[PDB]
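The chain is numbered in sequence order, starting from 1. All values below come from the heavy atoms of this structure, side chains included, with hydrogens, waters and symmetry mates left out. When a ligand or atom number is given, it counts from 1 through the structure's own listing order. Recorded method for this deposit: X-ray crystallography, 1.1 Å.
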Amino acid sequence: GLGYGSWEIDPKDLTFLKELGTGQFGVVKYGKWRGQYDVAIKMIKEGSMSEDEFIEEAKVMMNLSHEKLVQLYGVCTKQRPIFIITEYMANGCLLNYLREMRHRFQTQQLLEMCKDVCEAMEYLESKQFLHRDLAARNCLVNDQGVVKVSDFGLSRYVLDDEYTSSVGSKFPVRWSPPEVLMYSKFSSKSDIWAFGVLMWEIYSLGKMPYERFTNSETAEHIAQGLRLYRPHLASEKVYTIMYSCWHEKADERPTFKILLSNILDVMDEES
Ligand SMILES: C=CC(=O)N1CCC[C@@H](n2nc(-c3ccc(Oc4ccccc4)cc3)c3c(N)ncnc32)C1
């Protein structure tokens with residue numbers, strides 16, 4: 001209505017129902033919009049984000065739409081803290097979901113999680129949109145067990161320097177290819193590398209990549225041409241797919257379209 005741009009939600013239309021905890025960038029709640037639509041409300045703590053840049057980017061993010069990508073519905077920016085209003089994903093963070101041994105996952109379920117993420121990433125790649133921090137901790141799971149990609153591109157607006165540079169204590173070293181760790185060279189191929197590490201996280205039921213190493217040791221391991229090795233639940237064909245994401249030469253890594261074709265092939269062969 002009057003006073004609101006197409007990317008702006010009126011916070012008065014929100015009903016808060018449940019505290020979900022603190023996610024990356026701030027406190028998140030479950031609620032309703034206009035009494036009946038389920039939403040998540042992510043509250044951005046003051047001083048944590050480059051707010052005007054994020055608001056401009058939110059306009060582009062609103063236009064992204066894919067069934068395996070968490071939908072951004074709008075933002076509430078007339079007050080502090082600002083809110084990010086998104087699709088609600090009842091089963092929460094993928095990393096925590098993988099770590100719950102009660103699920104007793106079949107490998108076909110794990111491969112479907114990989115396919116869900118790959119479809120979202122093929123869509124982002126088709127829009128020339130980099131995720132820049134793909135990992136299981138940045139994927140969500142809905143009430144139907146569908147995994148969707150979340151927090152896409154958001155790292156660009158984080159003000160805490162410990163998260164933003166390779167030399168920072170909170171940088172995603174374990175999901176980064178050699179050219180990012182050595183030279184800060186981000187590209188579609190650094191999202192491909194990260195996707196291979198995410199496939200390893202899924203097939204490992206949420207183990208930390210390079211679980212016995214520090215970040216410093218991981219960077220040395222990778223720079224020396226060494227890699228993660230095969231999770232017990234991954235078949236040789238699944239391992240070949242994730243390993244292809246880790247070629248030392250970025251231009252020899254597949255695209256998300258190729259990875260999708262490889263995953264569908266294994267799904268058919270392992271059906
Ligand atoms: C370890 C506990 C666990 O599960 N957590 C940790 C506590 C909060 C939980 N969480 N987070 C979101 C969410 C909400 C908004 C959002 O903004 C976007 C910004 C840019 C692009 C897309 C989204 C990102 C994630 C979220 C959600 N949507 N639905 C349910 N739980 C959520 C996940």
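The PDB lists the drug found at ligand 1 under the name ibrutinib. The macromolecule with the greatest number of heavy-atom pairs within 4.5 Å of ibrutinib (ligand 1) is, in the PDB entry, named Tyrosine-protein kinase BTK.
At under 3.5 Å, not a single nitrogen or oxygen of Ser150, backbone or side chain, sits near a nitrogen or oxygen of ibrutinib (ligand 1).
In this comparison of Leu140, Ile41, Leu20, the heavy atom closest to atom 33 (C) of ibrutinib (ligand 1) sits on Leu140. At a heavy-atom distance under 4.0 Å, only side-chain atoms of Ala40, from C-beta outward, approach ibrutinib (ligand 1). Heavy atoms of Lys42 found under 4.0 angstrom from ibrutinib (ligand 1) belong exclusively to the side chain. Taking a cut-off of under 4.0 Å to the non-hydrogen atoms of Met61, the atoms of ibrutinib (ligand 1) that pass are 20 (C), 21 (C). Most residues around ibrutinib (ligand 1) in chain A come from the UniProt domain Protein kinase.
Considering backbone and side-chain N/O of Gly21, none are found under 3.5 Å from N/O of ibrutinib (ligand 1).
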